[PDB]
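For reference, chains are lettered A, B, ... following the sequence lines as listed. In order, the residues displayed for chain A correspond to 13-315 in the PDB entry numbering, which applies throughout. Sequence positions for chain B are given in the PDB entry numbering; the residues included correspond to 13-637, in order. All chain C residue numbers match the PDB entry; in order, they span 13-637. Shown for chain D, in order and in the PDB entry numbering: 27-328. Partial entry; contacts are within-part only. Counting starts at 1 for both ligands and their atoms, in listed order. In what follows, every heavy atom counts, from backbone to side chain, and hydrogens, waters and symmetry copies are set aside.
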Amino acid sequence: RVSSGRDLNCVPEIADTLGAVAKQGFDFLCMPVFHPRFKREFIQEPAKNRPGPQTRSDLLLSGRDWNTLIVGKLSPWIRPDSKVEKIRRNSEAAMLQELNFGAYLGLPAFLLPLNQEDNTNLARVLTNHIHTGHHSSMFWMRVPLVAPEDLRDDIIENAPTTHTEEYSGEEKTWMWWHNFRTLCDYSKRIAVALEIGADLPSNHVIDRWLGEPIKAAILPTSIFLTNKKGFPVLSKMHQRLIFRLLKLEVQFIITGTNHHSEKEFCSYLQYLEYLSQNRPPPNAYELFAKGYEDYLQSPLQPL
Amino acid sequence: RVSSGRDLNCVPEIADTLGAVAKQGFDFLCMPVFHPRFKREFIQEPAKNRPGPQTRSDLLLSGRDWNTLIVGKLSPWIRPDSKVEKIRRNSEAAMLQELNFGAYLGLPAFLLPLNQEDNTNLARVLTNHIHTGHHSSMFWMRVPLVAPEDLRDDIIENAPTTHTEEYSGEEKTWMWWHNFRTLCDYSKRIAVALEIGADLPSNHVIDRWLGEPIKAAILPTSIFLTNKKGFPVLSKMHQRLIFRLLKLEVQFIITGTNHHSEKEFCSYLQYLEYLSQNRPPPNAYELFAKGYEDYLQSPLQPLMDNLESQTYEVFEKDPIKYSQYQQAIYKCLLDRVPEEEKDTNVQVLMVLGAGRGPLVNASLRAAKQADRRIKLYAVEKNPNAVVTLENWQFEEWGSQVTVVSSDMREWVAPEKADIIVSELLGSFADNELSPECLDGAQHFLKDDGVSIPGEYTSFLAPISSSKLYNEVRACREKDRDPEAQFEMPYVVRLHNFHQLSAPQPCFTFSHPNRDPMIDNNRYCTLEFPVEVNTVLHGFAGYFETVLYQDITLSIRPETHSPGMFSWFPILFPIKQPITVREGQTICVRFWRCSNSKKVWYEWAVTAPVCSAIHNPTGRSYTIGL
Amino acid sequence: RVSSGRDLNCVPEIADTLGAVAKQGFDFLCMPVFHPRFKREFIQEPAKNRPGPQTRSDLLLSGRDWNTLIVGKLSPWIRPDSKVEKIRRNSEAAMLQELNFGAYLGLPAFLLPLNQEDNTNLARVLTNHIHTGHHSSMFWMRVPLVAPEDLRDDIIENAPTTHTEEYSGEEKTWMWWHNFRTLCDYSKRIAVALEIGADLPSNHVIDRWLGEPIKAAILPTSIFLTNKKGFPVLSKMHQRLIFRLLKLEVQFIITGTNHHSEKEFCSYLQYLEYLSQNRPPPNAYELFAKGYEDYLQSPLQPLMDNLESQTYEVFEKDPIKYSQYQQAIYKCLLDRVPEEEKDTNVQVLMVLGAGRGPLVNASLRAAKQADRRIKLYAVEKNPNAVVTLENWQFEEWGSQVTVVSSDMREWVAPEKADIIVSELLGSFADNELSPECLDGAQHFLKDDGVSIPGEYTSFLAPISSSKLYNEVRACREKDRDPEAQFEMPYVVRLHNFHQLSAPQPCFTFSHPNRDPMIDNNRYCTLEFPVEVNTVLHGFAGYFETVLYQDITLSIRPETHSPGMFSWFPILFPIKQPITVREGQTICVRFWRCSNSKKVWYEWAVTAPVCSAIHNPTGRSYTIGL
Amino acid sequence: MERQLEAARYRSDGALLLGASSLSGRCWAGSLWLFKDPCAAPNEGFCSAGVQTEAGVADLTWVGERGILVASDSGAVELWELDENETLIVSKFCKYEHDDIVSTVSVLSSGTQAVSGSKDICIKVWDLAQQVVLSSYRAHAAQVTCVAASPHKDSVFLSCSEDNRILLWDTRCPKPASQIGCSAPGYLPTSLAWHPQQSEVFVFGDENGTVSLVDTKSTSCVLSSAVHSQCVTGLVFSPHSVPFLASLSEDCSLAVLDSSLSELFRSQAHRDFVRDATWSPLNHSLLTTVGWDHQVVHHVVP
Ligand SMILES: CCc1cc(NC(=O)C(=O)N2C[C@@H](C)CC[C@@H]2c2ccc3sc(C4CCN(C)CC4)nc3c2)cnc1N
Ligand SMILES: CCc1cc(NC(=O)C(=O)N2C[C@@H](C)CC[C@@H]2c2ccc3sc(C4CCN(C)CC4)nc3c2)cnc1N
Ligand SMILES: CSC[C@H]1O[C@@H](n2cnc3c(N)ncnc32)[C@H](O)[C@@H]1O
Ligand SMILES: CSC[C@H]1O[C@@H](n2cnc3c(N)ncnc32)[C@H](O)[C@@H]1O
Ligand SMILES: [Cl-]
Ligand SMILES: [Cl-]
Ligand SMILES: [Cl-]
Ligand SMILES: [Cl-]
Ligand SMILES: [Cl-]
Ligand SMILES: [Cl-]
Ligand SMILES: [Cl-]
């Protein structure tokens, strides 16, 4: 079936939230380790001396739960590439703090966002963190399949969305990743959490991500169409994309609030499972060679 | 003068020919090892069984003559890249035969030609020959400055030479080389023998070869114009090119027959020598730094390491910079002490990093030139130089100078200083941690105190030099990262390179630093406009410092202090060279990072293509505090 | 002649002293860099704050003088291994200070003394100094040939000098060095300055220092006997020792005051020079191979690789060996063809591995000397040498010699040979695969045919040479096993080493080999009796060969062919040196293994202690078929 | 004589002219020989005239009855005059105007001018009487493999080089060279031969062993035949009204072809490269070939 997790930016009680997402059937939870709106100052007083605690305690979960069930999230206010020097210097220390706390918890993965072209200082800070104390830490780079600028509604009078063909531009969101991925010298501990939007781009923009380390695919509740009965479903193109992603054996991450409020949160995950089961069963070739997927072996020399 | 050789494709008697070219004044001879028209078959009979000998014997010359005087030539009939499969297979074996015989003779170099776009199989055979028995063999790739197709006369009726502009096409002959050079994985034993034709191309086509390993420049007799008396000369553009090549110290190779038949073969070589002698003689800077051309040295760390004696010695032999320091101290003394207080107001003047005492003597001379009183402190943490300082103080200075043998960041001063004079700058200004040292020493500076230097600034500029790239690549050492040599800077007197954009400022520091939130970490982004196609290999680094008011020092080529030879430029290389086209902008990023113990630089190119972040966490290069 | 220096512990004026020792004829001066009695305190006040200067200034000499003429000396009051903790720490600080000042001056060498058993902390401080800012600094360890305790006069009533036998104790002063040398992990920058006393010990105590890096030999004036006229001379044993040291090319250092006060200081140095001039002049072998002393070279593989021209050239410049081959061919011709058939019986004589044709000319000369008829075949697979062979055959030999350019194992001969002549031997005889080549070429040998050489045999001998061990250790290369250099042999003119047991035969091959079950794999066990305490570092290898009857060649030192310089000895090293005591037996094992493509040697020591099996499966060294 | 025979040219009265070089050994020189007895060649003893040149000879051609034109390895073009007694051979001139090896020479129809091609990519026109170079062209982009003067026009000649260009020339035109595309970019041309009767037609061999017949009017490959297994080094027509075409090659064979490029005679007599072949003016069925095996073979053609 499907391995999956729930993406939340609001966690009032970590134990209650984890129990809820477990009863909903999810395998893991992406949550912030510090409160998302709790901006911190590291240079200028008096906010520099804000009394602790700075976040919730590590005693609230067992070590196994931290190791297997919790995926950390970088706070959205952290801007390492800000054009403002003060904000840049402060966000450097904030990002280091959050990454170090995530490694202290022993989290299996940590989500960091890519939503502009210049993520150079972000890459620098992350690369330095990777080479400062070797851990088993994995990092998921949240990259949208379509940039937010190229997805906005054409509702700005004096700034119209151009309706002309741009082949290379439509793929810019991969370039970001690529540049970031090149700046970190192809670190094995850096992967992609591809976020999928309402409008799907041309097939070449999607094919671009073929051969890339996609560990996670992020689906919002907004992209789910409503069924006649009231259940959530997806378009035929979204379903083709879901099958293509299932072949790569990626983990699906549900984000956003429940808009199909008549049902539970189980409905989105149930649609994903129903898609996974209704796929042609494994033939003998794929059944035997499923474990050999991308396994490098030296050539035999029978002579 | 000129080191040179004669290129001949006709050698009837090897001894007579060698004696003739020696009497003509040439230093070496490029000749074929097999007869150029003696094509050989290796597969199909009966020509496969042609009875030997296949060429002249190796006994005809001494081993020294083979080692020093004879440059081999690949036979012109050998075509490893022929579209005909038979000719290709045969030329493979022929090229292997000739290269193996050249190595058997122990020849210092072997000429191979590049005169088409596809030399892939040629590169394959040569690369396999290089890795089959390691020798000291060198290979000169004969590449014409202008392709023969783009040099032909417009005398074909139904095939006219297009008279339109083609920027990239005019440089195709370099692309050939480049591709070949890339196919052989940048072998140090493969260089360029640039052949120069009658018509010289645009200046960018020529500048393309800046930073390339040009060992030889081939001049035919056809390009020589005839003098009124009848001697051979060259055009003014050809002469500019000859001077540019002489700067690179390449060997000139005369090819073709004697067309100025009234004279001897000595006339062409004599024109070259006459050009070489009539060049402005070496100035003191170039005279001293001629041997340091493209010599890679690790940056000194005067803070972490205690410098040797001769290092301080080469520092002290630099009168221009010490005169500048003396003038700056003089002006500061005049500006701080009015004339009616020359005998009442004594100034506290601390030399932080005194060395063996050139700055102390400069301060004394400036004091007596300005007619003011100063009390001198000579602070130095190197005890071996403190020995010299204390010997000086006993034998000459007296009680006026107080020698302090400690670190300026730790020293608890008895009184505060009116002026502090330091010499802690490097090639990249702050690469020797002058900011941290002067920050730690700032508490004993008076509230209205002056620091000499008052300011400094670093400069970066993208460069192209496959020569220096391969030199850095050859610095791989055992027991470390195979690519660590790329993630560290080198102090080097740059030569045979190509600046791609005007230098731009990188990091700037001011002393004293009144700022409450003191931080020496830096992050700079630089966009360099590039007007020409080239290949980025690294970034040259310079500095400019303001000692006091209009008294400044600089190694930046535009504002370089004349006759100052204390600093050479620095070089931050990159792992993989980056292709850059005309009009593109090279965007590079630079970080100055630090912790409690180390300071280091990180850098990465972001445009036109991204590279890896170099030296992350200072894993390959750090500067100790 | 002699390179030498003067050892002084009293230098009032450094310039005057240097001028004096220069006018006396000395090449360098060993002097203290700090005053010998000027003890310094580094911990406890008030002496901690002693006002400088702490020594004389570095300005008193030019950089070249410091680099070439001044050898530093550790102050005698520095005791890093004192039983007192305070003195230990203070001497650590002082030793670091003096070593750092010596490196600051750029001195070529620095003397440190060994005069007790425990020098552990001294070794620790020196090792840390070496790995802190590494320079080209060299260190001479002053070790006496006889300890001062074992040289004192028997003039203490209640402490008599025992007059009994102690073999190991008499060598204790070497043990010191060894332990020190082992504590510093065999640093190339740590050598021996052997001090020679009045009484010379037994010959084994002196032989102990064979194979040790002796850069200096220290002679005091006290050991010099007075001549009839009043000049200084030495005993016959001292002179034997001086000649033995002169062969090692060490520098001689005169120490002590002038006791022959009638003369000058020139007299001691002049006696040394007079000894150096009155040595037997250099023999041709030693004259040629003087530069090859202890030079490590990889073994040639004439079968897999095609040899260069100058290699064949150095092979041909050897008249003794070619005279031997000519005499052997002559005797075989006489023994095969009776006198009454000299004009009717023509002999087939094939030179397998002809090179450039010295054996062909030798065969021709032997034929005309024996007055017999021969038809010659010159078989050679190196086509570059086939060029020379065919030029010779066209210009001189004619149709009498037929040149065959192929491998002898593949060649299908037109007729069978009466005699086959080859020189396919290496330093280890069969290390160049002469057995396999001559076996493949055996089918075209006549039933009653003769092979020259008819037999050969290899010889092994355990050796002690920390010098050669460290040279092999320094051959570590990137991108391979860090210990592969130990699992491969080296052709080297052995020097500054010590044979530990008489050479014994290893492998033997006979040609022709009519055996049906032909196998060239070998397994040999050798027990070498050792009469002295030493440290095994490897095994020297030689060979003998019977060309025909009593005509033989040999590089084995006992039966070495006089004046033959075609082969140097070979060396099979071992990873870890093995301590061997007197009377113990070194048992070593050797394998000659092979497959279809490669042949290689495996070896391992089994006594007195086992080592690892070296080069298993030829993983580090193979000989290509 | 040197081992490698390069040129064999019959004079109108029947005398044979040989040009040879030494392409191996200590000396890399050349030699010229005249044999009034044709079957006595290549023996130097039964010789009519001989001369030793300083350097080797690459191509050779007659200049009337007493002039011998030589393309030398030294980059020189050399005219040797024949003695009054026709026993000596003397150098009339030797001009070094080419930079590299002169690989081919051909005398124009008037017999007063000549054309030469060299490995210096250049082609030069020579006035033999004045001993100067009238015109010097750089039309190709690789070494010139062959030049062949038109038998009927003194301003027209063919050239072919390793730049894959076949050029028809007309020195009267401002741009004299004109590229003949034949069919389409094929293999490199190596030999050229004008048709003796028709001035609009010629033949060329390539490096792949193919001989082709081209008509300048149709500027298209009229016919092509795979005659040899290796490169074609020479093409010589027979003097008869119905012309036979002898083709040489590096496969050490000689072929005789008709009008339709069909194979008639074929001789494996040479065991090395076949360099030159000329027909006897005394018997128009006899054909003399030379090669690098120092062999001079007389063939009888049906
Ligand atoms: C004026 C004040 C000043 C100057 C500089 N200037 C420089 O460093 C500099 O450009 N050059 C280049 C040329 C002029 C020569 C001098 C110096 C240089 C650089 C690199 C190395 S490596 C090296 C070896 C020494 C022997 N040991 C055993 C191994 C390392 N020696 C040098 C020497 C720097 N800092 C300050 N404060
Ligand atoms: C008489 C027949 C004969 C003799 C030998 N003798 C030897 O090998 C031998 O002892 N020496 C030592 C001294 C006499 C000098 C010659 C030779 C020797 C050994 C090792 C190397 S490595 C080397 C480099 C050359 C340049 N190239 C680019 C790299 C390798 N060159 C040599 C040369 C062996 N085999 C046979 N058949
Ligand atoms: C003239 S090169 C710079 C000089 O300043 C000295 N120096 C560098 N840093 C310090 C420091 N922190 N305190 C004292 N001297 C210093 C170095 O030892 C060298 O002599
Ligand atoms: C005189 S050094 C040994 C010589 O013998 C030649 N040689 C070695 N093995 C063979 C072989 N199998 N066949 C022919 N020549 C050989 C080498 O090429 C070299 O010239
Ligand atoms: Cl892709
Ligand atoms: Cl995809
Ligand atoms: Cl460039
Ligand atoms: Cl240039
Ligand atoms: Cl500035
Ligand atoms: Cl001690
Ligand atoms: Cl191996």
Worksheet item: At ligand 1, which drug or drug candidate appears?
Response: TNG462
- Count heavy-atom pairs within 4.5 Å of TNG462 (ligand 1) for each chain, then name the one with the most as UniProt does. Protein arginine N-methyltransferase 5, N-terminally processed
Note to self: Could you check which other chains have heavy atoms less than 4.0 Å from TNG462 (ligand 1)?
What the structure shows: B, C
Write out the residue and atom name of the closest protein heavy atom to atom 8 (O) of TNG462 (ligand 1), then the distance separating them to 0.1 Å.
-> B:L312 CD1, 3.6 Å
Practice task
Give the residue and atom name of whichever protein heavy atom lies nearest to atom 3 (C) of TNG462 (ligand 1), and the separation in Å to one decimal.
Solution key: B:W579 NE1, 3.5 Å
Which UniProt-annotated protein-binding residues in chain B have heavy atoms closer to TNG462 (ligand 1) than 4.0 Å? B:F327, B:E435, B:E444
* Asked: Measuring to protein heavy atoms, does anything land under 4.0 Å from atom 1 (C) of TNG462 (ligand 1)?
  -> yes
_I'm curious, in chain B, which UniProt domain holds most of what contacts TNG462 (ligand 1)?_
SAM-dependent MTase PRMT-type
Tell me whether TNG462 (ligand 1) is touched by B:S439 - counting only heavy atoms on the residue side and a distance under 4.0 Å. yes
- Task: Give the residue and atom name of whichever protein heavy atom lies nearest to atom 36 (C) of TNG462 (ligand 1), and the separation in Å to one decimal.
- Result: B:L437 O, 3.0 Å
Next item on the list: Enumerate the S-adenosyl-L-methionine-binding residues UniProt records for chain B that place a heavy atom under 4.0 Å from TNG462 (ligand 1).
Entry: B:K333
Considering only the protein, which heavy-atom contact is closest to atom 9 (C) of TNG462 (ligand 1), and what is its distance? B:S578 O, 3.4 Å
field: Heavy atom of protein closer than 4.0 angstrom to atom 29 (C) of TNG462 (ligand 1)
entry: no
ask   = In this entry, what organism is named for chain B?
value = Homo sapiens
- [ ] Could you name the option among B:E320, B:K329, B:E435, B:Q309 that has the heavy atom nearest to atom 31 (N) of TNG462 (ligand 1)?
- [x] B:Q309
Ligand/ion neighbours under 4.0 Å, TNG462 (ligand 1):
ligand 3 (5'-deoxy-5'-methylthioadenosine)
| Just distances here: any N/O of C:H146 and N/O of TNG462 (ligand 1) closer than 3.5 Å? | no
Review point. What residues, by chain and number, sit within 4.0 Å of TNG462 (ligand 1) when only non-hydrogen atoms are counted?
Key: B:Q309, B:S310, B:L312, B:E320, B:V326, B:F327, B:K333, B:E435, B:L437, B:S439, B:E444, B:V503, B:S578, B:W579, B:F580, C:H147
